[PDB]
Amino acid sequence: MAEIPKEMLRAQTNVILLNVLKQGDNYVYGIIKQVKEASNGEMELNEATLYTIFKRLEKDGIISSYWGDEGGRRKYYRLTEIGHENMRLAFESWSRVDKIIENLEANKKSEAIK
Amino acid sequence: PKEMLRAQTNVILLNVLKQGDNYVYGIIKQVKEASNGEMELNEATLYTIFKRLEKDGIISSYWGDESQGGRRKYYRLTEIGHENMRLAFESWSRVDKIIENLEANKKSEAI
Ligand SMILES: COc1cccc2c1C(=O)c1c(O)c3c(c(O)c1C2=O)C[C@@](O)(C(C)=O)C[C@@H]3O[C@H]1C[C@H](N)[C@H](O)[C@H](C)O1
């Protein structure tokens, strides 16, 4: 079928959460709240989905966590320096993909004239 | 990175087939040519992706060149494949807006 597959869906959630963190260190609750506001109430993530994703991100060295303060202590997550680098390299990589796509279209268009 | 290179090869391949039916060697050549020799797609990875896109009905395939004594597999982008590309663009656009909204709402809370 044509539906967005679970690998692309996971890639999409990833990008959103990594962009939340890129704006500022945040705790799970705050993160979910921010995404809900930014999706106009339509994307309200399950905290378990964040924990699943953060597990792997933390394991990969892309985010880390630390405790806030108190009435009660919060766990903050943060984009690491390698996280930030990764995001830049991914922007650049995919920007090159887009140029290759651009060129495939241009060559098709130009070879049709000729 | 593993999964993102595969995702990239996926997108590129879909785009070559959108440009017209093609076979595995031609796709790899065409992509290398569109990248000035810099992108060389892994044959192995093409086959793994093709196997999956065929199962999803996103691409189909047929034999060509039997009149020349050959037997070469060509791939084509199906209507399901066109839609998949539409939805990918639409869902990633949706992602972009949300991220744009995150930046603006952040900016609302600075001023
Ligand atoms: C159909 O395209 C895709 C299909 C499957 C997976 C993917 C994509 C895809 O397009 C894609 C991206 O475009 C980008 C990323 C990505 O993972 C994917 C896919 O996984 C990574 C990214 O979040 C970072 C860190 O820069 C942004 C980047 O988009 C770039 C270019 C866009 N035009 C936009 O400006 C965005 C903000 O940055």
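The chains are labelled alphabetically, A first, in the order the sequence lines are listed. Residues 1-70, 73-116, in that order, are what chain A shows, numbered as in the PDB entry. Per the PDB entry, chain B residues shown: 5-115, in order. Only heavy atoms go into these numbers, but all of them, side chains included; no hydrogens, no water, no symmetry mates. Each ligand, and each atom within it, is numbered from 1 in the order the structure gives.
Most heavy-atom contacts to ligand 1 in this structure come from the chain listed in the PDB entry as Transcriptional regulator, PadR-like family. The compound at ligand 1 is the drug or drug candidate daunorubicin.
In contact with daunorubicin at heavy-atom distances under 4.0 Å, by letter: A, B. At a 4.0 Å heavy-atom cut-off, daunorubicin does not touch B:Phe93 at all. Nearest to atom 15 (C) of daunorubicin among the protein's heavy atoms is A:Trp96 CD1, 3.7 Å. Put simply, atom 20 (O) of daunorubicin has protein non-hydrogen atoms near it, under 4.0 Å away.
Closest to atom 37 (C) of daunorubicin, if we only count protein heavy atoms, is B:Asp100 OD1, 4.2 Å.
Below 4.0 Å from some heavy atom of A:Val15 lie the following atoms of daunorubicin, by number and element: 23 (O). By the definition of a contact as any protein heavy atom under 4.0 Å away, atom 35 (O) of daunorubicin is not in contact. By the definition of a contact as any protein heavy atom under 4.0 Å away, atom 32 (C) of daunorubicin is not in contact.
Scanning the protein for heavy atoms near atom 25 (C) of daunorubicin, the closest one is A:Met89 O, 3.5 Å. Within 4.0 Å of daunorubicin on heavy-atom distance sit the residues A:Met8, A:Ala11, A:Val15, A:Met89, A:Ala92, A:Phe93, A:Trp96, B:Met8, B:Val15, B:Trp96, B:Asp100.
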